[PDB]
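Consider the following structure, which contains carfilzomib (bound form).
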Amino acid sequence: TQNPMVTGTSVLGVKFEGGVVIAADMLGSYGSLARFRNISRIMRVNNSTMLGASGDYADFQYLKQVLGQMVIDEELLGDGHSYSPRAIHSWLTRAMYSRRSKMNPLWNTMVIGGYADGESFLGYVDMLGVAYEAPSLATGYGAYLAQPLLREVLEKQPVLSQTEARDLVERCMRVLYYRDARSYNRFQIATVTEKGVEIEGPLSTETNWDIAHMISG
Amino acid sequence: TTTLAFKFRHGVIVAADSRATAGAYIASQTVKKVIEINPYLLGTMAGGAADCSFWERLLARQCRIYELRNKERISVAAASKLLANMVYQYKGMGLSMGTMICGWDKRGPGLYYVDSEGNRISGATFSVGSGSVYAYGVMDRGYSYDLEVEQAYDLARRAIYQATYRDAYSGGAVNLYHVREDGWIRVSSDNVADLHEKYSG
Amino acid sequence: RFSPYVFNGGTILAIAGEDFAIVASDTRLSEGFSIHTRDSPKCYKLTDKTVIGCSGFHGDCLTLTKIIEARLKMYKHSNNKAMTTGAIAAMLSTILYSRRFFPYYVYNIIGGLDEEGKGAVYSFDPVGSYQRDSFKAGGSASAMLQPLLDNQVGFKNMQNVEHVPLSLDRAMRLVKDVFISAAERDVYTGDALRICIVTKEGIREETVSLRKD
Amino acid sequence: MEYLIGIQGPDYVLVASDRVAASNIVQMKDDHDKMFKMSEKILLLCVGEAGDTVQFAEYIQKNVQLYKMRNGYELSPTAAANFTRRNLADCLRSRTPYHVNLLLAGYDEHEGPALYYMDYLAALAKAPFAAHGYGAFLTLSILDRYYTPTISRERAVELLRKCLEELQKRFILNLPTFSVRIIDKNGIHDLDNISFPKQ
Amino acid sequence: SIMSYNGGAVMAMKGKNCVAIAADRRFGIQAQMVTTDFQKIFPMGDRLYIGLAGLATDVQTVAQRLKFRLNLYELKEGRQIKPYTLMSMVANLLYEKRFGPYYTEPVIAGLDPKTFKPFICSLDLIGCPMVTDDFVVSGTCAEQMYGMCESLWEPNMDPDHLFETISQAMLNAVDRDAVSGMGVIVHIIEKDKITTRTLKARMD
Amino acid sequence: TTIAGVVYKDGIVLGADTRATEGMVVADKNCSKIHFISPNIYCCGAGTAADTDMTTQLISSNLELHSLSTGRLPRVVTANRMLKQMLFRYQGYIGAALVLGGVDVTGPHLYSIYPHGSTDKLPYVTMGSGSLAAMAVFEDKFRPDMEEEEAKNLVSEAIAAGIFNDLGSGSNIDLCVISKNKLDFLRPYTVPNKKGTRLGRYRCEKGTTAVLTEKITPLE
Amino acid sequence: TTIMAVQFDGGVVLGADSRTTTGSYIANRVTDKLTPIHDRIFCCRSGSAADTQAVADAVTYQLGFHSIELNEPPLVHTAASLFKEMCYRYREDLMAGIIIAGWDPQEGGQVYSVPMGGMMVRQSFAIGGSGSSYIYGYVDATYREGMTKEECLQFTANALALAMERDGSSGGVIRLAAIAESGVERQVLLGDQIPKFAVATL
Amino acid sequence: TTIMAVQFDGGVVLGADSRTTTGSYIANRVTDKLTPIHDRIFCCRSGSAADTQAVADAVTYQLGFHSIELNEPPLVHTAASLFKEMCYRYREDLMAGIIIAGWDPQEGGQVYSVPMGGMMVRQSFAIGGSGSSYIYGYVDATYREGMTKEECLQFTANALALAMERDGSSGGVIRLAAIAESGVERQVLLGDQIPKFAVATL
Amino acid sequence: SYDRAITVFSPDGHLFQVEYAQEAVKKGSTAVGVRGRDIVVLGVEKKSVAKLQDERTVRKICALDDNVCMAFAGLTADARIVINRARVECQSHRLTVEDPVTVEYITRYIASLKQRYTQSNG
Ligand SMILES: *[C@@](C)(CO)[C@](*)(O)[C@H](CC(C)C)NC(=O)[C@H](Cc1ccccc1)NC(=O)[C@H](CC(C)C)NC(=O)[C@H](CCc1ccccc1)NC(=O)CN1CCOCC1
Ligand SMILES: *[C@](O)([C@H](C)CO)[C@H](CC(C)C)NC(=O)[C@H](Cc1ccccc1)NC(=O)[C@H](CC(C)C)NC(=O)[C@H](CCc1ccccc1)NC(=O)CN1CCOCC1
Ligand SMILES: CC(C)C[C@H](NC(=O)[C@H](CCc1ccccc1)NC(=O)CN1CCOCC1)C(=O)N[C@@H](Cc1ccccc1)C(=O)N[C@@H](CC(C)C)[C@@H](O)[C@H](C)CO
Ligand SMILES: CC(C)C[C@H](NC(=O)[C@H](CCc1ccccc1)NC(=O)CN1CCOCC1)C(=O)N[C@@H](Cc1ccccc1)C(=O)N[C@@H](CC(C)C)[C@@H](O)[C@H](C)CO
């Protein structure tokens, strides 16, 4: 992809005690047009990992197809081995870098959340193959808006409860809806625990607009 | 850069600076710009560092394989032609590289200039690099085929020195090699700061 | 159109002692005007005797790292011995030049011990040009680190000073000092400093802290 | 392409220039003069763009002469140099900039011999010896190698010969003959043209 | 870059009751050196010096016009100029050419003519002032100079330690830059005297 | 630049970092970005340094003339008009993003002024390379009619977010509190960043620097 | 921006979103895009913030002086004509789409459009801004002559809501203004007050 | 162009304009944009004529062979998937906006969108083409779940009419197709048959 | 500027201001000049010898170029103006024309200047 078409904006991620939570709105934008206001930008890659994606939605659908096939292929063997979140992250890094080096990138920026062997995983992957691990992640405008909030909390309290992380996420999605012109008040939250991956349905964000009546004074 | 080489009665004198820059920044002053291809074959080095190093190293490999295959030592003309042919296949692709192949041959003292552009010419004296003009000045004003050994050393060393004086991209230390019939010998490696004290006062 | 490169910052340093070799780097991974992570060391342990520092474009850093690992394994399978430091340097040169017309945007400094136990540094350019050094800096704050080490380790521009060989302790404090100073001026350098010391005993890892702005 | 050279001695200034006026691939003049008498003891060696050279040089010249007429005494070589540098620097960011590189030779009754070097960007710098043009790249080093602050005018002329001969050897441009003049306490003296019997 | 055309380096350091200012001596055009004695530091009165790095022409021109305005100032007013005042003057002079700027980054170092209080500042090419208590640098090798200064400078230095510090900074920074060098000059100025030295430096 | 401004119950809090950069190098570790306009009006500057300086100085001067002739305390709308009209006349060529805050006879007023000449009157604003982070802090933890210390905490928090999250900002946090009868120009309100202490002595002893030429000159 | 103005019997109704963006970032999620030019003359701004603000200020100035000099309530057509002159004269230097609307003792409620060209035309209703593209059809199928004041109010409310929903450059809050002989009734629709529409499910 | 497809209970309704332009000239004022891929599978074309025609042909080929090889009525999702594969694989070389819709014994009436990206998504209703921009608001405010076949017919008719009225690249005639288990009922609305709306007068 | 007619005609057809200027010339120190075969000599009278005044700084004989010299009689300041403008013209002539200057030419220039000042406003 040389020119991205229908795209999705920010994707958030944060680790918590015994799991990882990820958020992303359900909007596919055709430029400034909110064209497809009901699409999932979060995929369940097996039971230990999960993926959120920013950028061109078609390329994300491609990666979704490919990853799904890989997981099926592995699940067919039943040899007692499965793809760890770190492994999926490594593969995705390899793929994105491979496409980058072919001068034909997959126009995506992705956040992989996971929980395996009692450890919480959170990985970031560029379209150029820039990848890393962090306790909190934010793509697109989130990286300018949500990430500062996330780091503020995590440097004052490294370990969060699931409810705490969920609250943080909700507030960040609110900020993003306020300031990101290509976002949408309809998002999804996915969670990895030892119980597996769970994607919660269409959520809305409460909005305050009292500062509308502060024109004069 | 600022390498130079000239052939006289007693062999082939080769000299160079050691500065390596990355823009205006001086990345190194300890660069061996005279590659030892064979114990009888030397190769100066100017332009793209990686390009020169890689291609002259490959040249050395090729010359070694030639030595093993033909049970004899490669000639200067053949080495220079080998390098020139290798480089020519990449003409236009952006290899920056200007080198001198020096040695002693069955035809006596041999000196060739080989470009990344495609040049390959034999000659008495040669100067290659950003400071080549400055070196050319003093070298030409002091050259003779009937130069005695120490005189040739002085001429080369001084030429590289003056070159480093005027050329902003040349400096570090003047390195000097002498190619004789029984092989080459590492003559000297004087820092410019010392040569300043020697030449001025 | 589309650019396959992005500068991710990072500074890198290696010092060679008589019986040791230090390879240090900041831990900041950034992009544009933003911080990707504060926990991203640029140091990679290759062998018990050899540590590599890679700065620049993170994609090429990761890729080149994994490649070097794989080829280390290959050499081990092929010759029943581990790669000597200088050998890794030469190999790295060829690998870097293999992309002469689509380079890895990576500044590489190799620090370790030679076959005589002595310390050795090897500094690289993105396309394979390398040389052996006693001390070298690379990465964003390189121009800030180099001049002090030229003065303090090379004893340059100093009249009637003694040429006492660099001890591990003094070298360590020198590293910490130049990195602390670099964190003041370079915006790509900060967060934390990881230092890797390589001796006959093996590889120690220390972690000093740098400012977070 | 044009070549200028200046060598300052203890009590004199020796200056020389090429005699070629060329356009395209042909020499159109073999006796071109690049020097401009501004005072009885000041020479201005100007070189560069087509009309810019003569225009600027003559402007400066007539202004110096105007100073002489208005005041009854001539400008010092230094005052002259800073005058030309002021003019050239003022037009640098204007609509009509003069693309000229220049040397200024002079003798003062107080300060003695003086040689000045000027970039087209109007950066003025005093020097024991200087040169302009591509030929400079081949001659300056030679001047570094053999120049001494106490050099006699005979030795200076010989050094100049070494330079010009080097031009005959390495330079790809023709440049067969050279204008040579000297300046001392007795003003400007024309010397025999250094020439090389090519054809 | 336009600034890199001539190259050069200028630095100023603070002391106890003294101040220091240094600069390289090379006048070159791109890669060729023309002069080894090029003045880049000019006295704007007793115990007040300015040092301009950048495009040589604009160095000389800014220096000259600044001396013009300065002379007129010290004539209209019956006093020597204060360091802050000189700084604002330079700032104004540079900003007058906001959309056609001189390509030079001035560095002012001096002592308050009334008091003795040390003073160092630097400015943009468009005349944005910046006063510091330690050091200021401007030139093609600014990063190197920052590197040295951040590691060598101590607070209350005597006129001898200040000299050694600024000298080592200048020398070792300049020696890692190809277009800066060919000698270094240092002015160490104090209430009683001014000491001018040229250092032993590399000439390559 | 990571400035900001907020409006609380009794007045206005202005914040700013102190990092000034040239290229990707920190040139000034302590730069005052909160400027005096009138005794009751201050203005934070982000963008082209010299532009913010000269602009803020000029408008301050004109306002001094204004109040000198009127005999009253300057209004914020006046500074806003002058700034926006000047900036608009230059069509953005003056790189000056501004946060204008002050207390009037009409109360507290806070404007954001973009270099193209457009202004926004809002209860809270942010400008600079670190403005997104600060604005996130505001959007998260702002409430109308805050108390002074609360607002100071909020603004300093915003500026802090800018400092740690933006490579363009750093160093100290400067505040400026302006109420109907007080002006707290707190310079170093917080020094959250400190240079590490030297671990060695690289002091050069007298004599280590070789000298070629010396000349002493006595003064008075 | 999405701006709108509809004409009823005794006056006009104005409406606008409140989103102001630089790039994809929202520099002001609560902009007042309805600007008073005179007692009963308002204008709706779209395009460059600086440009529209400057022009609005200048026109307010000129029209103020003009109305004082005539000692009469300024004709809406006159304000529209000042805007027209400015926008046409400097069409190559301005990015402005304006809708001048208001009440006037001689011609009653009037709505005029001054698009980026610099032309001027009176309309029964007018829409502008980036979001206007998404509501041309709705506004075409919903408009009915003889609408009451409240009907026009609801009309612009719905249209603006739809546009804001679809356009990314539009959003935030809905600002409405009712202008008649009585005066100016301004109000703000926020959150649940903003009209909602059934989004497709299965 | 301006295409549209709405899903009702027992099937789908397709609609399109008939204008085909090269530059500002109308090379065909009566295009047939609804292209049959299979017995009960149609697609709506927008973008490059050559591209969409070629792709439609290829997909008809592939789907024909596939349905023969399976000996079963082809899933609409399958046709949409073939279109998706082609449009995604050659996204940098194709200018195509497609709406694949039809009936299918396993999933009933289905509507899928394949925009220029190459992505694919099922929708209750879908619009595309240059004119679609002008009817987003109307289509948002008018859509109601549980519409009858005739209701959907009238719906697409009105929407297309509005779009054609506003969009210059759209116009000509309205082509409609009703697809269900029964079969395919195609019809053409021309002239006075095309829905009209009150244009503002005074 | 000062747009006022100063030199005008009198009813008898005289230009009074010019005549007055001539009377101002009449009050000037005598200045004679003769032309010879290979030499030309100019001499000026009553130099107002105060013996406390530097003779050099009050000379009534000035060179315009290497080719042309000139003496005067009348208001010394005006003469300074005219002399300087004449010198400037002498140089400009060399600038626009390679040849130097003829005596007749510079004389014509000075004369034209004076006349221009007899017919100009203010
Ligand atoms: C709706 C919201 C559709 O988007 C409206 O039309 C609104 C209505 C008004 C009230 C704002 N229009 C905008 O919001 C407008 C559109 C625009 C964008 C870019 C160029 C022209 C028009 N955007 C803005 O008003 C923002 C808001 C603040 C004041 C920043 N400003 C910008 O977008 C500016 C535009 C100026 C410009 C820059 C370069 C070339 C031409 C124009 N952003 C910049 O200038 C960016 N940049 C950094 C600062 O200085 C150099 C340029
Ligand atoms: C639709 O989308 C609506 C109406 C809005 O566009 C319609 C409906 C379709 C399904 C037919 N699409 C068009 O009307 C379409 C636009 C288009 C232009 C260019 C590329 C892709 C799409 N028109 C055509 O495709 C038309 C087909 C026939 C000629 C009827 N051809 C073209 O538009 C030419 C494309 C060829 C080309 C040109 C340059 C580079 C690569 C390919 N465009 C021309 O300009 C042809 N020509 C030369 C210039 O003068 C006029 C004739
Ligand atoms: C890191 C240093 C030690 C080596 C240096 N390398 C480099 O400069 C590498 C080369 C990267 C490259 C990419 C694609 C294709 C080719 C090269 N570049 C960089 O490391 C990064 N920079 C980015 C911005 O600043 C400039 C460079 C170099 O080769 N310098 C040359 C000059 C040069 C030639 C061609 C391209 C770039 C630079 C040199 O020193 N040449 C000397 C001789 C040799 C043997 C060292 C001489 O020429 C003398 C000293 C004058 O420079
Ligand atoms: C050197 C310091 C004292 C000031 C610095 N000045 C400078 O950086 C000036 C040029 C400014 C300029 C010139 C012409 C046209 C437009 C702008 N640069 C130079 O003088 C030297 N160089 C010469 C050639 O190479 C590049 C620069 C500056 O203003 N930095 C800005 C950022 C900037 C904007 C535009 C151009 C260049 C730099 C800054 O600090 N801005 C902060 C606000 C403050 C300082 C008021 C904030 O924005 C924050 C910290 C983020 O940077």
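A note on names: the letters A, B, ... follow the listed sequences, proteins ahead of strands, and every chain is numbered from 1. Counting starts at 1 for both ligands and their atoms, following the listed order. Header lists the method as X-ray crystallography, 2.9 Å. Cropped entry; intra-crop contacts only.
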Determine the main partner chain of carfilzomib (bound form, ligand 4) by heavy-atom contacts and give the name UniProt assigns.
Proteasome subunit beta type-7
Which other chains does a heavy-atom search at under 4.0 Å around carfilzomib (bound form, ligand 4) pick up?
E, F
Recorded source of chain F in the PDB
Homo sapiens
What molecule name does the PDB attach to chain E?
Proteasome subunit beta type-3
Which residue in chain F carrying a UniProt active-site annotation is nearest to carfilzomib (bound form, ligand 4), and how far away is it by heavy atoms, to 1 Å?
F:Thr1, 2 Å
Show the binding site of carfilzomib (bound form, ligand 4) at 4.0 Å, heavy-atom contacts only.
E:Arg98, E:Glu105, E:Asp124, E:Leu125, E:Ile126, F:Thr1, F:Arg19, F:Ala20, F:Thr21, F:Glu22, F:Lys33, F:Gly45, F:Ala46, F:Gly47, F:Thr48, F:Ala49, F:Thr52, F:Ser129, F:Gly168
